[PDB]
Asks: 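Following this message is one structure expressed as structure tokens.
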Amino acid sequence: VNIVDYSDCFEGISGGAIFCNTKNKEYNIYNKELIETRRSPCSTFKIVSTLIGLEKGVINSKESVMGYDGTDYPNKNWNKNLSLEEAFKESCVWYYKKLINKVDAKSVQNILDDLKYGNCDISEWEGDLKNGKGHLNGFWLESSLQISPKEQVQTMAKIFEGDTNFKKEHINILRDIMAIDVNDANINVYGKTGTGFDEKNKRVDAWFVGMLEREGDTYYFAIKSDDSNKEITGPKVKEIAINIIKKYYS
Ligand SMILES: *C(=O)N1C[C@H](NOS(=O)(=O)O)CC[C@H]1C(N)=O
């Protein structure tokens, strides 16, 4: 377990990082206190909810659709019968809300418990209704479910090392749709951003969680900001993560 200084890459933004290679159990940690602190996963939960939907047969493949009903949304790309692959990359809220609401709460509870997914607290199934966004809410978006960056890495590793009961075919669908292009063909990067604002503490929850493969070695990682600046988003934290990968993991 190595404590490291990645502050140079964070360019003044408050956050932490954890990279884990489970082959040689090398844990690299920047800001250990933050890395151990549970927060809402926000849209990073789509990694797990995709697998839930696949396992329960709500969806079947990266082409699978959820039956768009014509509702008007400001994001162009949400206004169509988009596939799993597109809904994942566009973080289409209605697609993933419809998906999870076809699954009974006990099945979700048991999968989160099996994955050790943070506090596994789905008690506020409907999410943070006080923000006014109604059905564009859920337990995973600044609501009851909370997970630490370290626990995210532990979950990612369990899934992608094949230590869960999720089907290999379903894991590979997730892998496909999480693949990122980082303009470096000598590393494969996979991940998902998340963005939320913690109203209680007046800080962002900005995430980039995923994995990294470079010549036989795989690193599971989670980068997380808790800055008080609302301009700090998951996309911004993904930039930071990419800088760290290019600097230290090439
Ligand atoms: C998830 O974090 N969300 C869904 C969507 N995607 O965010 S991302 O660009 O960080 O991946 C918009 C923000 C957020 C939400 N408010 O639902």
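In chain A, numbers come from the PDB entry; the residues present are 60-309, in order. If you check the header, you will see the structure was determined by X-ray crystallography, 1.9 Å. Remember, it's 1-based here, ligands and their atoms both numbered in the order they're listed.
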Asks: Drug at ligand 1 - which one is it?
Replies: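 PDB records call it avibactam (bound form).
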Asks: What would the PDB entry call the macromolecule that lies against avibactam (bound form, ligand 1) with the most contacts here?
Replies: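 By the greatest number of contacts, it's Beta-lactamase.
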Asks: I want to know if avibactam (bound form, ligand 1) touches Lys105 in the polar sense, i.e. an N/O pair below 3.5 angstrom.
Replies: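 No; the residue has no nitrogen or oxygen that sits under 3.5 Å from a nitrogen or oxygen of the ligand.
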Asks: Would you confirm whether any non-hydrogen atom of the protein falls under 4.0 Å from atom 14 (C) of avibactam (bound form, ligand 1)?
Replies: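 There is a protein heavy atom less than 4.0 Å from atom 14 (C) of avibactam (bound form, ligand 1).
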Asks: Within a distance under 4.0 Å of any heavy atom of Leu200, pick out the atoms of avibactam (bound form, ligand 1) and give their elements.
Replies: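 Listed by number with element, the hits are 1 (C), 17 (O).
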Asks: In terms of atom number and element, which parts of avibactam (bound form, ligand 1) are under 4.0 angstrom from non-hydrogen atoms of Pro294?
Replies: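 Near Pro294, meaning under 4.0 Å from one of its heavy atoms, avibactam (bound form, ligand 1) has 9 (O), 10 (O).
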Asks: Taking only heavy atoms of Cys101, which atoms of avibactam (bound form, ligand 1) are found under 4.0 Å from at least one of them?
Replies: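 With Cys101 as reference, the close atoms of avibactam (bound form, ligand 1) come out as 2 (O).
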Asks: Look at atom 10 (O) of avibactam (bound form, ligand 1) and say which protein heavy atom is nearest, naming residue and atom and giving the distance to 0.1 Å.
Replies: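 Looking at atom 10 (O) of avibactam (bound form, ligand 1), the protein heavy atom closest to it is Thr254 OG1, 2.7 Å.
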Asks: Under 4.0 Å from any heavy atom of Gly253, which atoms of avibactam (bound form, ligand 1) are there?
Replies: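 Answer for avibactam (bound form, ligand 1): 2 (O), 10 (O).
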Asks: What are the atoms of avibactam (bound form, ligand 1), with element, lying closer than 4.0 Å to any heavy atom of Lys251?
Replies: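 The list of qualifying atoms is 11 (O).
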Asks: Among protein heavy atoms, which sits nearest to atom 12 (C) of avibactam (bound form, ligand 1), and what does the distance come to when rounded to 0.1 Å?
Replies: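 Scanning the protein heavy atoms, the shortest distance from atom 12 (C) of avibactam (bound form, ligand 1) goes to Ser102 OG, 4.6 Å.
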Asks: Which species does the PDB give for chain A?
Replies: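 The entry lists the source of chain A as Clostridioides difficile.
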Asks: Nearest protein heavy atom to atom 16 (N) of avibactam (bound form, ligand 1), by residue and atom, and its distance?
Replies: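 Heavy-atom neighbour on the protein nearest atom 16 (N) of avibactam (bound form, ligand 1): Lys192 NZ, 4.0 Å.
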Asks: If you count the atoms of avibactam (bound form, ligand 1) from 1 in the order shown, which ones are under 4.0 Å from a heavy atom of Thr252?
Replies: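 So the atoms of avibactam (bound form, ligand 1) that pass are 8 (S), 9 (O), 10 (O), 11 (O).
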